[PDB]
> 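Can you read through this structure? Questions will come right after.
In what follows, chains are A, B, ... by sequence order, proteins preceding strands, each numbered from 1. Start at 1 and go down the list; that is how both ligands and their atoms are numbered.
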Amino acid sequence: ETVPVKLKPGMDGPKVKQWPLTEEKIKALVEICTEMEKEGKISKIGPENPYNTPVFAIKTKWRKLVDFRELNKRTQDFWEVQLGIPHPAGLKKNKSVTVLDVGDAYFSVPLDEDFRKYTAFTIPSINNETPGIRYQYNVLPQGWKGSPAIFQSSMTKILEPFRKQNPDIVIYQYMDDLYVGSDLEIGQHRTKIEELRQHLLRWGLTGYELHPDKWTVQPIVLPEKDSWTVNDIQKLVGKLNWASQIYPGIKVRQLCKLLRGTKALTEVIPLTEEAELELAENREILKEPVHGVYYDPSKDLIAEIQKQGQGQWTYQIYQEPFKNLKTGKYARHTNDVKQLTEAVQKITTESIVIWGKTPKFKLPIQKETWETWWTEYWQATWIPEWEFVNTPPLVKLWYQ
Amino acid sequence: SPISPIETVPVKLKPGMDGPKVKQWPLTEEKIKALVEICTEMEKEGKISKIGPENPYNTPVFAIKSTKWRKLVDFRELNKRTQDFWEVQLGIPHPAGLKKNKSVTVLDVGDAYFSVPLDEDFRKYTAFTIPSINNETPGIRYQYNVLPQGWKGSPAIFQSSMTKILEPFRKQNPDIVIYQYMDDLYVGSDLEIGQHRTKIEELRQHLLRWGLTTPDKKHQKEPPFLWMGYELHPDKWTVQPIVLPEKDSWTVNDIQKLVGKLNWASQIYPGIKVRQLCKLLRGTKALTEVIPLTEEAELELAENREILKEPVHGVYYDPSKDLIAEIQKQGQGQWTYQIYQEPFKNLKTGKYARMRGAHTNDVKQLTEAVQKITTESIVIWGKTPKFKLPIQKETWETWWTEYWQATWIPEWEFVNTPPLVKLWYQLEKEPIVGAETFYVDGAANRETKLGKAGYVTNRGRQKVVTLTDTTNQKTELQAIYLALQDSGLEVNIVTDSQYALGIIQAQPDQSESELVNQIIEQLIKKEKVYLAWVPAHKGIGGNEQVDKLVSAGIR
Ligand SMILES: Cc1ccnc2c1NC(=O)c1cccnc1N2C1CC1
Ligand SMILES: CCOC(=O)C1C(=O)N(O)c2ncccc2C1O
Ligand SMILES: [Mn+2]
Ligand SMILES: [Mn+2]
């Protein structure tokens, strides 16, 4: 039943252009929307509604994903400092975390009359042959951050008995997703999930499986080799020099003492002993977390992704540059964009699990390319913020 | 002129703001007379209705000239106060995306805006006053009951109404294609010149039933239709007549008009070029200044004249066939393309010539042109075409894997149409044994703008040039350039500039910097080049040497 919602003072509703869609996605959306309209979830709108929010189709059954990133910014105060959902620090420590699409719940709750206009979206036509089909939500929409904030009290009710029966089970609600984490054995965990799906089923809802305890760091591995060449030791110091800007205690001097005077690169030079003394003591520091780096909940998260080739991708999460909260990797018909879109999702889930927000991504890709292709492989119910960037050619090898 | 039985569209004003109250300027007697004749005529038709000065709102009126007048209302202030509306379209169709049809008919709506009603609660804000001969009498005051000319919301609402009117007819005539454009309708089908003529009249009835008058059999336009700069036959399309005047003198304005025409023509005429004509407009002068034609511009104009020799048309789209896009390098920075379904019968042509960033190569340019065409195809056809590219799978394969950016060209095939796209040099993965290891560095004094570029080698060699108006970045590129100049066909170059490494590592073959082009010129002449990076100021053999050598008197 409609709880009053409004915008943040000063700012107005979203006016975002709709992306060109392919024939099949448009057809899929026309079907999806004809239905939702019969069931009263959405209603056709007139030109008196100047607002707009992009819509896409994703995945066997096609399904509708609405890009509410813009609306979420303009209602932030509502879903964050009015009806904010608290984040539990235990979720990341769990042995197993299952993610459930609980987003079908929101259609039972009607949306505030005066707010419905801001949820306007459009299904465009091929070659702009017909005017776009315009709609607005009558109920809480999927992908809008206000939805779980409003539903929070209904959710607490639904989960009350299950929470009572399993005090050691962590349940976190982010968006359309419920994050359920336990320290149980896997068979017992997967059973407790099915057990939970039955609770949900009695209210009208309907898995994907993570292991956050097994997220050990990506230590910047320094090479071990027999008979180093001048070139190799230069690459070695460059890696260390950079590592000392983040990790305290990284010593470098002894290595360069071996590089004195203008020498050739291929000239093999013998290694002393002070090298292995510093090297191993460095390796020791890299395999531990960063000392002095802590998450400020009022600062945006940022993630950088570097292409490594051979279907490999390294990434780093931070708020202040070089002050890494977490580094990582990603293993591999499979193309760059497919892998990149898959990596982004992986990194984003981990971020939600750890901090309860999505990071702004710095993407090693051309804007247009990403925009045309990302939906082909996108599977999540949310969309993180993204920028497009030039990966510094040396950041690449450092994390390699 | 019918006033349509439609539902009304609820219009409001921009929050906080009240309606317009702009004073009516007094007009001349012939102007005041003319307005009364017009307004009472509109009054009897239901277009406008009388009110009194209890209604506090006003918008000024005017009358312009022919032996009779037209009434102009300046809705500027109301327009500034009326709410924002949804856009009247997100884009305009390209003819190339239209299905082929046996027959196509134009029906323009009689008296567009005045046929559709205006929301009751907004009518009061459209108040205008026809004043008396001077100060004199209180004026005659009217308000609109229909959508007014030049009002912010009339475009969107009329279009909104038309969509709603057609909706039932569309859904009970699924194999009938109708397109709304302003006060026009384009209707096509595949039925014969008999029952097609029938079907128009069924539509005209449906329109008159909803208070919209459309011309009959005898008064409707004939193919081809002029529309938005196109000619549109039922089975073919082309751009409207392009005529490049032969002038003794070419002014900026003339060249601008030429470029615009050529750009327009290029939708269907293959091989159109405009780089040399465009070059002239750079850092320009007055509209009327005569620009003497460059030889290359003269060559470009002649080529374009030649291409536009005889008329060329485009075909319409067939949904059952795939699309084929072919791309060709036309010269420097210039890329040309064709899209067809059946070998060489073009749906449309086009050109790409952008400069994404300072430094680029043909493989980067080619793949950017691919993305441009890819987007376009989605818009026009709702699918991506099969690509045919002047590049070897292996040339492409190599570039992608090694490159730091993520890329994805959809399904494509090599086509041997020179110039072929290739990389012009490649940096080594391994330092060259028995080759002279140059250590390069630059230095620049920020206030003076003076700089030193230089190298020390493993073989004792040592050079230092002075540069006068420079930046650190330029000095490093200069230093790397020196190392290439005096090294011969096999060199290791270690630098401390990531900027420099970055540019070179991505195999550019053209730049917006002359210095970078000199480096390219050198890199091709080479046989084996290895470039590597070391951090600045970490006691590295040759690096500390050149640094001290270039920092002499500079920092
Ligand atoms: C201007 C325009 C834009 C969009 N579609 C069309 C038209 N008009 C045509 O002349 C036309 C011709 C060929 C095929 N479809 C066309 N039509 C379709 C509607 C019958
Ligand atoms: C800002 C000056 O800092 C330095 O000492 C540096 C310097 O001398 N050189 O040559 C340099 N060369 C390339 C990159 C960065 C630097 C430096 O920071
Ligand atoms: Mn330097
Ligand atoms: Mn230096």
> List the macromolecule sharing the largest contact count with ligand 1, named according to the PDB entry.
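It is most in contact with Reverse transcriptase/ribonuclease H.
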> What's the drug at ligand 1 called?
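The drug is nevirapine.
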> Write down the other chains that contact nevirapine with heavy atoms under 4.0 Å.
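Heavy atoms that close belong to B.
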> Which residues in other chains are near nevirapine, meaning a non-hydrogen atom under 4.0 Å away?
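The binding site of nevirapine (heavy atoms) is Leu98(B), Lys99(B), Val104(B), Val177(B), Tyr179(B), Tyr186(B), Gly188(B), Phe225(B), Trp227(B), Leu232(B), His233(B), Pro234(B), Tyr316(B).
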> I'd like to know what other ligands and ions lie under 4.0 Å from nevirapine, if any.
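Other ligands or ions: none.
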